[PDB]
Amino acid sequence: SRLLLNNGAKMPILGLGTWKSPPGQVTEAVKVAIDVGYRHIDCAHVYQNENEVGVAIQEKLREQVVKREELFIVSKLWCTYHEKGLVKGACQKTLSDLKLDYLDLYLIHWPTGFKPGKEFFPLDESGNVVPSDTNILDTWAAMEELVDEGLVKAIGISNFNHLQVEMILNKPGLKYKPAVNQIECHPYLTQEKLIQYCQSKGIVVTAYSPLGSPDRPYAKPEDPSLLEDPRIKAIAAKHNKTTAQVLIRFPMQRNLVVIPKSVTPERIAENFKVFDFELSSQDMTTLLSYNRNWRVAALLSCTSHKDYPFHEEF
Ligand SMILES: NC(=O)c1ccc[n+]([C@@H]2O[C@H](COP(=O)([O-])OP(=O)(O)OC[C@H]3O[C@@H](n4cnc5c(N)ncnc54)[C@H](OP(=O)(O)O)[C@@H]3O)[C@@H](O)[C@H]2O)c1
Ligand SMILES: O=C(O)CN1C(=O)c2cccc3cccc(c23)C1=O
Ligand SMILES: O=C(O)CN1C(=O)c2cccc3cccc(c23)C1=O
């Protein structure tokens, strides 16, 4: 139920995602998830709903349904705050909204720095994203300070390719290794090489969009759908489980942390019931064979950023 991180802490293998969870619904969603047994919530300042996630955590802490030490709360530094001097302030904003005094894990959300400002996606006159001249290593140094200051227990990365990971690992005077690399992973984007790399380095991998993000912004024509894949539905039927339950279990048996999103009480409940069954190695190998290198999150607007992560094979 929990994986051991390189800082000695233990991360729940199941977490609740909150991207696209509306402010008006996410408080009840998180209260329900905690009641059901979730102990890990995935957040980000860019999701514009951390205050409302925080209301729910505060209510369950007050009710004594959980202790603070039993929860594992994750957030992420957005791209407009990569400058050394903006990092602490961005973390503290998130702490204020979540109404906590430390985060369990704080991730660099994307490797690409953008120009600082109010816009999450700063554009120039020709409509292009304006990049920061910051690099990944100076940002890492700023994240390490947060650990020394007691604001976060662990720090990590998200959407980093193996060369960008290696860059941090070979950083002169590296004080804290990345604990976690959070990446997109599901049967259409299986990530076998990047997962084996990170895992050989003792970095825990968290799979996001495990159900294929059916509620993502654009349903772009003849779009692949994991929940509706007849081959995956067969494997669920054989196990008497739903295709969502098979999609959540799959990464767990690869020793990945998985963070399905839902604001629906019965689905939040359904997605928890994945600890009592096992997919065979045959099932696993079959699910791995469906890889089509399909990404939900390709960050196409940043394809010419100096630190765009997806030009490299893995
Ligand atoms: N680091 C990054 O760059 C990054 C990027 C993307 C995502 N993430 C994290 O990963 C989380 C999960 O990814 P995601 O939100 O893209 O999508 P996801 O979990 O793959 O899919 C969420 C969608 O599936 C529906 N759903 C949930 N359980 C279901 C079930 N049992 N049966 C049928 N449908 C089900 C949800 O609907 P309802 O909500 O209506 O129930 C929602 O529409 C995010 O919320 C976020 O926390 C991180
Ligand atoms: O281009 C794509 O494939 C999809 N995509 C976007 O279109 C995008 C636009 C706006 C904000 C973002 C923040 C995180 C991730 C993405 C974006 C992303 O992957
Ligand atoms: O970055 C994240 O964590 C979440 N995220 C995506 O992964 C994403 C992928 C596809 C299209 C998008 C359009 C707007 C915003 C986002 C996206 C966004 O915030």
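Heads up, chain A uses the PDB entry numbers, so what you see runs 2-315. Just follow the structure's listing: the first ligand is 1, and inside any ligand the first atom is 1.
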A.B. asks: For ligand 3, which of the listed compounds (amprolium, diflunisal, alrestatin) is correct?
C.D. replies: alrestatin
A.B. asks: Which chain forms the chief contact surface with alrestatin (ligand 3), and what is its name in UniProt?
C.D. replies: Aldo-keto reductase family 1 member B1
A.B. asks: If you measure every N or O of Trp79 against every N or O of alrestatin (ligand 3), does any of those distances drop under 3.5 Å?
C.D. replies: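 N/O-N/O distance under 3.5 Å: no.
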A.B. asks: If you have a sec, work out which protein heavy atom is nearest atom 15 (C) of alrestatin (ligand 3) and how many Å separate them, to one decimal?
C.D. replies: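 Going atom by atom, the protein heavy atom closest to atom 15 (C) of alrestatin (ligand 3) ends up being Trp20 CZ2, 3.9 Å.
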A.B. asks: List the residues that UniProt gives as binding substrate in chain A and that have a heavy atom under 4.0 Å from alrestatin (ligand 3).
C.D. replies: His110
A.B. asks: Does alrestatin (ligand 3) have an atom under 4.0 Å from some heavy atom of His110?
C.D. replies: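 Yes, that is the case, since the closest heavy atom of the residue is under 4.0 Å from the ligand.
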A.B. asks: Quick one: which UniProt active-site residue in chain A is closest to alrestatin (ligand 3), and how far is it by heavy atoms, to 1 Å?
C.D. replies: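 Rounded to 1 Å on heavy atoms, the nearest UniProt active-site residue is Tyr48, 3 Å.
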A.B. asks: Is the shortest distance from a heavy atom of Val297 to alrestatin (ligand 3) less than 4.0 Å?
C.D. replies: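 For alrestatin (ligand 3), residue contact (heavy atoms, under 4.0 Å) with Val297 is present.
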A.B. asks: Under 4.0 Å, counting heavy atoms only: does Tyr219 come that close to any atom of alrestatin (ligand 3)?
C.D. replies: no
A.B. asks: Out of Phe122, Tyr48, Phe121, who gets a non-hydrogen atom closest to atom 3 (O) of alrestatin (ligand 3)?
C.D. replies: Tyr48
A.B. asks: Tell me the contacting part of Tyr209 for alrestatin (ligand 3): side chain, backbone, both, or neither, using a 4.0 Å heavy-atom threshold, strictly below.
C.D. replies: neither
A.B. asks: Applying a strict 4.0 Å limit to heavy atoms, is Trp111 in contact with alrestatin (ligand 3)?
C.D. replies: yes
A.B. asks: At a 4.0 Å threshold, what atoms of alrestatin (ligand 3) neighbour a non-hydrogen atom of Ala298?
C.D. replies: 7 (O), 9 (C)
A.B. asks: Below 4.0 Å from any atom of alrestatin (ligand 3), is there a heavy atom belonging to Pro218?
C.D. replies: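 Contact present.
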A.B. asks: Okay, next thing: residues with a heavy atom within 4.0 Å of alrestatin (ligand 3) - which are they?
C.D. replies: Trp20, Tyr48, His110, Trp111, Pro218, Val297, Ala298
A.B. asks: Below 3.5 Å only, please: the N or O atoms of alrestatin (ligand 3) paired with protein N or O atoms, distance on each line.
C.D. replies:
from, atom 1, to, atom 2, distance (Å)
alrestatin (ligand 3), 1 (O), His110, NE2, 3.1
alrestatin (ligand 3), 1 (O), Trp111, NE1, 3.2
alrestatin (ligand 3), 3 (O), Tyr48, OH, 2.6
alrestatin (ligand 3), 3 (O), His110, NE2, 2.7
alrestatin (ligand 3), 19 (O), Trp20, NE1, 3.4

